[PDB]
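Let me begin by presenting the structure, written as structure tokens, before commenting on it.
Chain identifiers are assigned alphabetically from A in the order in which the sequence lines are presented. Shown for chain A, in order and in the PDB entry numbering: 26-262, 265-281, 286-497. The residues of chain B that appear here are 26-262, 265-281, 286-497 by the PDB entry count, in order. This entry, so its header tells us, was determined using X-ray crystallography, 2.2 Å. The figures that follow rest on heavy atoms only: side chains count, while hydrogens, waters and symmetry mates do not. Start at 1 and go down the list; that is how both ligands and their atoms are numbered.
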Number of protein chains: 2
Amino acid sequence: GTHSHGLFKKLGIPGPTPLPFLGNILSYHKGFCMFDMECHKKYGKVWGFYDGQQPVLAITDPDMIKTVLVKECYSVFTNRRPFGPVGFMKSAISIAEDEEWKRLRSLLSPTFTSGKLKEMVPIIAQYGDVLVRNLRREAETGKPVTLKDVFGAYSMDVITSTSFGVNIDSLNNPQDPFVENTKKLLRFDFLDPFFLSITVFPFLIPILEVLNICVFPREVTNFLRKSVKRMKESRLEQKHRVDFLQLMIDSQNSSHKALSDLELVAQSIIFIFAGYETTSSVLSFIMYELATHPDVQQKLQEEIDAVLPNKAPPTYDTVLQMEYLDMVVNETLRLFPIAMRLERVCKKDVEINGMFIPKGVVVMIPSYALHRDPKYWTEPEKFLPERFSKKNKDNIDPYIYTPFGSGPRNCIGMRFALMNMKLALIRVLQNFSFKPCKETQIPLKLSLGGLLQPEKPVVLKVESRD
Amino acid sequence: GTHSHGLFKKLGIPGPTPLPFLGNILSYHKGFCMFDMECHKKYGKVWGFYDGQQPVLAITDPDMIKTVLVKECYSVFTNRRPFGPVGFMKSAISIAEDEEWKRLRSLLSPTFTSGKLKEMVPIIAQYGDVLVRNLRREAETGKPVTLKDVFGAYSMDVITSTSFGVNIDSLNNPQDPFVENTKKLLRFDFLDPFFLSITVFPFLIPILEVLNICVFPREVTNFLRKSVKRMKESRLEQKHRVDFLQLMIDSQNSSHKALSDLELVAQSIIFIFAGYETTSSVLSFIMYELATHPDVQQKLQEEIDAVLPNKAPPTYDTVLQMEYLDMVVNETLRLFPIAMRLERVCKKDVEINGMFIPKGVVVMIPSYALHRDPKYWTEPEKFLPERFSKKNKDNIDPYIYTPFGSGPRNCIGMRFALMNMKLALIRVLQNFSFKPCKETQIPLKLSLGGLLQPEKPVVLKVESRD
Ligand code: HEM
Ligand code: HEM
Ligand SMILES: CC(C)(C(=O)c1cccnc1)c1cccnc1
Ligand SMILES: CC(C)(C(=O)c1cccnc1)c1cccnc1
């Protein structure tokens, strides 16, 4: 059971002492981040622990992080850690490995250029307006509002229209087929009973594969897989060139093997999976900060109105202008980096920056811990957007602050996500103010589980500026 | 169950139609070779079948074989197929993979040069003489003799002295610790109940790994592992530079990481495993041919006496002189290539000689089938050493005849095995003649199992030329 539990004392690396079979996992009872902050305090700049028998080497030196994330990414640190029986989703770009990942990343990169994002702004923006109508009635009847649902509704609407050109009011059609299935594509909690069992019985993943058991619900994937083959074959026979689905079909008509029909479906799914709950999550987090910091919220309302007088519609170019807006988004992602950790598997035996790392270790960068480290962040607990002001932004290490990771395997959806969220916040603050309620959790607490989500759902009062 | 059972009809490759879950394995009831000869007849030059869910692509074109075995060996076709829970023997060179194999092959290659083989001739040759004394009494009492045991005894004696400098008469000490354990290192029958179960439940290999269950008996490996660490640490404090163990310890004192103490032990074991039963097997096969072809046996006796008049001792240089001897050994290996198949896993998607081979297929070369194909071999069923005469040897394709495989991953022990066997045959035929018995199986039949061994053990009369 302790087959590899002696690796780190042989390399001279400090770490919590593992129990047989379980390794160190019992320390996840306070969750990944508190586990990581404490390891960082106690042991310093580098340390090791075991997810069961899997060695994991944490690193916090910005120079070493750059080597892993960008420098020898293609040679050594190309893939993330496996996490469960994925079925055909093995071909999704976030899951794919090595050379099929390089092929997939090269084939999907043009889809995320600012040119294609700029053509999608009018569609996203339309659901800014749907968000106001849905929120205008939730404020006109002064009931406290549950951000997650009003923002979930919004993220969903952006997802469906931006990926498949299906234009629905999900809040007012929670019965529609497309919103019924995507609502069940929730982020994975790697500390829940199932995924923890996997960590302690990783030898069970092939068994589950052979029974067609999949961490992606076997029925939503089927619905989308037929919906896509329905969309295509129909789409064939107009506007087009509007959504992701369309940009992907058109790349199947160009030195890399064009996406297969099934590779295509896999990417459509992973984009929905990445964007839906994450986007609503951060949007909830941003408003909680703006409600508990109404000076910040007001300074943002003023910047919105200066750029967009008369509740003028936001555009691509006006979004990129708004500097306080950018500052607020980044500072909310500092305190709540939805990822918590970045990881790569060490493909070979390598020495980086003076440290032998053996094959098969997963190297982990603990983003949440670095975003809250005193050694880089004055008053790290405080929501303080001025740290990203054009005056101070230059004294922040891009390898300490990595809300989207770094290097060739960074978030491919960063520009989109950033714009998507910004367009929401503008149209919302153009029409509304957000005040705390008796029911609001202040200060907010993070869950002890595996997702970076609030303990209790964020609820706030919302009054019409009108 | 039929997840991948449609791969070959998509590529247009012909093959027997697989059953769900089992693939094609029920056709192994007549064994690998008869399965392969029939596939070769029916489907031609290329075909596919499934060991359970594992696709296997057979190839018989000599040009394509060269690409796989030598040309793109390092890039694409570097590793053999996994076959069971191997524990620490994962570090043995025949099992090791990719870059650790390249390192291990480079670190062990000097150990098998003709210079080191030439220093080992006097030790091997000594057990030529032990073989005569043991056989002289088995013939002086005209009891039919069981080749496998008299040759097993011999192979064992060569193994122990050549690898560890332990000099025993195993036939006359079948109670000694070293002969008790190595006698249990028998070749694997991949058609036996266990290894067939593995093929149909390959998802069970990790499970067995985690229980420390190993196809290498957990106790013989331990005995040798302590024996080696005993040998060393003792060996330290004279002659030395005699056996494999010694050449390996000395390479631990030189751009490749010198063998670890455990890597070393693993290689000692695999050499014993490769050499012991195989050497006795072919030696049994050669004598069966010489008994059923006493003209051939006589022509060989005459060549031995011409080179070595007066029963003169064989030496390295005299062995390499003996051309009929070489011819007999090669022709016995044509009819009984102990390997049956050569295999490599296809690491990437590749096109070789006009054929797309997808990642993960194991490419198989069916040696037994090629050694008996009429299209290259006139009278292929007949034991006819003249096909390797200096007159006809040049019309034999080295990729059809591959008793040791070909390319950088060929048998590293070929020169040794060839000399080892030749030294046995000289001293034996110098003193003895081998005649059939009523009890001898004529014609010999091969087993329907997974090892290329005779149905019933070869038994023959042996008379002293003295
Ligand atoms: C607030 C919004 C988002 C955040 C903070 C975020 C963050 C991240 C992070 C931290 C990673 C790992 C980066 C690394 O390993 O170096 C990642 C990867 C990825 N993200 Fe996002 N993401 C967001 C939204 C999106 C959206 C809207 C998409 C839509 C397609 C998306 C698609 C992906 C993909 C496909 C990957 C894997 C890239 C690869 O392996 O090549 N993300 N993201
Ligand atoms: C009649 C005697 C022998 C025969 C016919 C034989 C045949 C073979 C064959 C057919 C292969 C596979 C080659 C390939 O995949 O291309 C092989 C590999 C190998 N043989 Fe032998 N062998 C014999 C004796 C020995 C002996 C005495 C040793 C002693 C060390 C040995 C060690 C090995 C090793 C280590 C490999 C794997 C090489 C690698 O993967 O780098 N063999 N042998
Ligand atoms: C799950 C997925 C696809 C992922 O690759 C991921 C997310 C955070 C950290 N590491 C990997 C993701 C999820 C949400 C936003 N972006 C990406
Ligand atoms: C089992 C082992 C080590 C092996 O690598 C092998 C043998 C025949 C075909 N393919 C691989 C072997 C066994 C006997 C002689 N040589 C090598």
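Drug at ligand 3 (options: anagrelide, metyrapone, bupropion): metyrapone. Measured by close contacts, the chief partner of metyrapone (ligand 3) is listed under the PDB entry as Cytochrome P450 3A4.
Other chains within heavy-atom reach of metyrapone (ligand 3), distance under 4.0 Å: A.
Nearest to atom 9 (C) of metyrapone (ligand 3) by heavy atom, out of A/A370, A/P368, A/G436, is A/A370.
Distance from atom 5 (O) of metyrapone (ligand 3) to its nearest protein heavy atom, with residue and atom name: A/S119 CB, 3.4 Å. Distances below 4.0 Å separate heavy atoms of A/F304 from the following atoms of metyrapone (ligand 3): 1 (C).
This PDB entry assigns chain A to the organism Homo sapiens.
Contact annotation: for A/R105 versus metyrapone (ligand 3), heavy atoms closer than 4.0 Å belong to the side chain alone. Within metyrapone (ligand 3), the atoms closer than 4.0 Å to a non-hydrogen atom of A/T309 are 14 (C), 15 (C), numbered from 1 in the order shown. The residues lying within 4.0 Å of metyrapone (ligand 3), counted on heavy atoms, are A/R105, A/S119, A/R212, A/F304, A/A305, A/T309, A/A370, A/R372.
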